[PDB]
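All remarks here apply to the structure that follows.
Residue numbering restarts at 1 for every chain, and letters A, B, ... go by the order of the sequence lines. A restricted portion of the entry is shown here, and the contact count covers that portion and nothing more. Atoms within a ligand are numbered from 1 in the order they appear, just like the ligands themselves. We read in the header that electron microscopy, 3.6 Å was used to get this structure.
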Amino acid sequence: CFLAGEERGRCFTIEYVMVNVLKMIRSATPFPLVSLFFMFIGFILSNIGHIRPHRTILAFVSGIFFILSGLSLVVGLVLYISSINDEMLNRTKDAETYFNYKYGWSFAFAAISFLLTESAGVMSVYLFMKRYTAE
Amino acid sequence: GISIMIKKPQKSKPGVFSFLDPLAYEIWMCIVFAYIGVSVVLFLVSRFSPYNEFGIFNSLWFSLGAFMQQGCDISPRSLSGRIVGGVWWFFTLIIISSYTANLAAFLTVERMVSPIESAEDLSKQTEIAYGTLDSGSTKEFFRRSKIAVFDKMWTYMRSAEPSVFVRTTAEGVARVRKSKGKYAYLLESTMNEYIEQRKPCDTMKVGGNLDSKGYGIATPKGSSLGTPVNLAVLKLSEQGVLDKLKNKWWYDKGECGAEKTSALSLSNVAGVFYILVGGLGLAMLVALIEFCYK
Amino acid sequence: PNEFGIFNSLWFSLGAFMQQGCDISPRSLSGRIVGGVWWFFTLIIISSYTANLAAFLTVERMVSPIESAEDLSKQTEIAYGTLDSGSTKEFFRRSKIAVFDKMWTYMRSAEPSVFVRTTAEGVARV
Amino acid sequence: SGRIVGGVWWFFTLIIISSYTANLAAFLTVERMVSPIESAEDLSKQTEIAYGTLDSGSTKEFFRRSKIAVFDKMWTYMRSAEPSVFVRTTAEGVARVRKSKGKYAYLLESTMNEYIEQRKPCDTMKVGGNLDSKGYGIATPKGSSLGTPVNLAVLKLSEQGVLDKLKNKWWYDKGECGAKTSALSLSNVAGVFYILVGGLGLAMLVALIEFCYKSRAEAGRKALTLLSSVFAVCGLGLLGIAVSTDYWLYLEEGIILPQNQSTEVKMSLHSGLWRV
Amino acid sequence: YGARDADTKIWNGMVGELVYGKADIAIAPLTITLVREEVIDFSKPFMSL
Amino acid sequence: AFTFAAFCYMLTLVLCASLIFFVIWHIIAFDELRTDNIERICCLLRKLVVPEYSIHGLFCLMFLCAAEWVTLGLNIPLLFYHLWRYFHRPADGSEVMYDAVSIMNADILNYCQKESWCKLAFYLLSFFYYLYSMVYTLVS
Ligand SMILES: CC(C)CCC[C@@H](C)[C@@H]1CC[C@H]2[C@@H]3CC=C4C[C@@H](O)CC[C@]4(C)[C@@H]3CC[C@@]21C
Ligand SMILES: O=c1[nH]c2cc(C(F)(F)F)c(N3CCOCC3)cc2n(CP(=O)(O)O)c1=O
Ligand SMILES: O=c1[nH]c2cc(C(F)(F)F)c(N3CCOCC3)cc2n(CP(=O)(O)O)c1=O
């Protein structure tokens, strides 16, 4: 969605619309979404480990998906940022032009999203070594 | 003459393996097999002829603990077992000091080499596409040639789609720029030295002249200007007036002219993060396989 | 299948990114791979830091100040300048010393106007 | 008492290694700056590589009357130079390029140049492009009948490509040859791999010796007293023979005679410690 | 190839045998100069150098 | 011309120089068996084999990567044996294994006399062959 040039804030989607081709992220699009899916199925196995305490391996298998959420998010982050940087280099040089590429705040969430969803993994995996080591 | 036009060889899109560029692809392969090699000879000398703890799973961990400079946990205790630790240590003091040293050479002196350097170099590939004008001398030259380098170069652009031809000169220029060079246009060599020296400085003339034509001042048949013109064009060329007046219009009244060393982007060392996370994910697969084994 | 909690596994990582190893080492094939490729990660990130800080400091050491006419002849980055009326233009235009001829070759064919009109302006551009 | 010996040895191996990494990164970034001569101008500035022109012909005469002023500096060298950059014959001028490695840069006509790089031995090549643009030609006498059909034949042979088929047939096809890697190769770090494998081989060799020594002895006092005084009175005399009989530093002082570089001495020396 | 010995104004060699009668053509490397295209005619260049 | 393949012959030479030390300590230990001790000959000869299975297994993956198919094709007939010598006589015990239970007979001893001559023959053949192509590359 453009902001300054062509001032109207029309939210295009680069799937098939129209240098700014923006399909550098199109190679890297599914990777936060893949990490979101393993964070969904980890959250499903979060509270059902609390509902039934009788089944043994409930915190750890759930805890795997909390970590796989984070590692898939990092590769999401790197391949995002790696795909920005090379597109900012193959642009033909002109010393009358500047390319700023300052990040937003959802990327700041996605950065903070790693910190929390690893903490959830570490706390859930300490829950396994008080639950099952007693049970 | 006919000559080649490509984009100025750009820095890179540094592919995500580019950490291991300072050493060759045959030193990194010699390291891995001299890793296994010096791990094994440590194992023979530690178990046989004992003074022990260095199993083959523990002697690999010594030598990975000696190549990555992170130190070891288990030192060898025998005269022959220390000489294995003695010359493997001196191996890693050189290969890490040749890795840091040569990577300080890539980042200081950056030279961009061009992919092609002839017409033969364009013939001995299929990666870069050609291009000429659709109607003109440059078009007709390859067709009627029989020199077999310019005949292979015609069979390509005879058939290969999307259409390698253009319909005007500014098209062919603006199909190199906007194309991240994959398209080598084929100008006359006086326009290659013009579009290079006009802004935006993006394209250069590589190689030399293929054909050799010549521009001429023309006078009509049997005119009486035919003799003085002819004896003055030769007179100018010897008096250095056809060269001094060539430097002026192509180069002097012209653009480009005759660094900063920016920080490493994420993309340069991005090959190591992928080896890191893939090195984690393979270990968590070893975690499950070990646990089901127990 | 301990000594490796998150208070000690945040210490065989900080004892590995800095290249000073601690007393803790993994003793399983499951864990000596995580300790494996983390080690190789801190051999490339450090040796791409030493070998890049040695490429700032040897590229701003090459930087030489302009100390001559000729050392201002070759620089197309730093622009020239002359007042638009007086003996100073007229020196270059009729010069044959040919260091100065290239310098006049710039000042005709340039954009924008390198020629200031007044020495109050010409100083104020510097 | 012992953590000082371990102290300043540590600081000794922080300076010797970091003066090795930081010097091997000063070979490899100073032989990466080295650029080949690929132009006239890039041979104008080099006072190391010398110029060269045959002593009689149009090639000198091009520079002397040149006003392009890249060439004027090039003529400014060739007058005022020692020794004579001007060879007399193109057999000699090539033979100086053959012999004097990377010093001499003979300037000749392009069609003589390409028929010497593809002719035994291939020890030379053509850099850059053409400086000026001459032309060869077929000469009709003054006004004869063979002046317009020859001129209309040498246009026809140019377009059909016979003048290119004939150039490739004599410069290239009857030639004698054909037609950077930017990284350390195994030749560079070679001796580390020899000191590795040669190092391992000494280990397993001593591992046989270690096995025989302390296992077949299974199935001292005076020796230290003997050998140490042996090492003493020898080593007392080793430095004694060293401190006299003055051979410590040879000094093969010499000069360079630039023809074939002809290393010729000036004096020599074998100063001991107080005896020259 | 050619000369203009200024003491005697005689063309030497190949141009000196093609001004002075005893040749009709000179298919050979003659450099197209100015002083040579005043006394003999050249074709268009077969080779550029 | 020290290339990668030139290194590989250097390494497998100094490795196979202790492969011949394996088989010489292998034949003399079984010379003590049939002449001159079942559970010691159990222990000592279970140890020695698993190197000379695995180190030759290293040699086959090395020259694969060194693109030396001639020398690769040489070792695979020894590997074809050892791939099946891993399979044949997998005696019992769920232990590591080898050459160990109930020896001093006629059948397994001739199966061990096959080991005593053929291994020292090949490893002294290989030590001369590796020094061929090591020198053959470095002077080329
Ligand atoms: C543990 C979790 C995160 C999943 C397993 C590890 C992921 C990072 C693995 C390790 C090797 C990886 C690859 C790493 C690099 C390549 C090239 C890049 O252009 C796109 C991502 C891509 C194609 C891969 C994606 C996924 C991948 C298979
Ligand atoms: O005789 C002359 N003497 C000059 C003396 C000076 C001064 F330096 F102030 F003494 C100056 N300036 C220098 C810069 O511009 C503003 C005044 C100009 C002079 N000019 C004009 P010119 O043609 O530019 O030399 C003359 O003609
Ligand atoms: O018309 C001329 N045609 C020439 C043609 C050639 C050749 F290249 F062989 F074709 C040469 N050579 C190049 C080097 O010196 C030895 C022979 C000299 C020529 N010269 C003498 P110039 O004055 O040096 O040009 C002419 O005058």
For this session: Report the name of the drug found at ligand 3, as recorded in the PDB.
Result: ZK200775
Exercise. Of all chains in the model, which has more heavy-atom pairs under 4.5 Å to ZK200775 (ligand 3) than the rest, named as UniProt has it?
Worked result: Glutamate receptor 2
Exercise. What are the letters of the other chains having a heavy atom under 4.0 Å from ZK200775 (ligand 3)?
Worked result: D, E
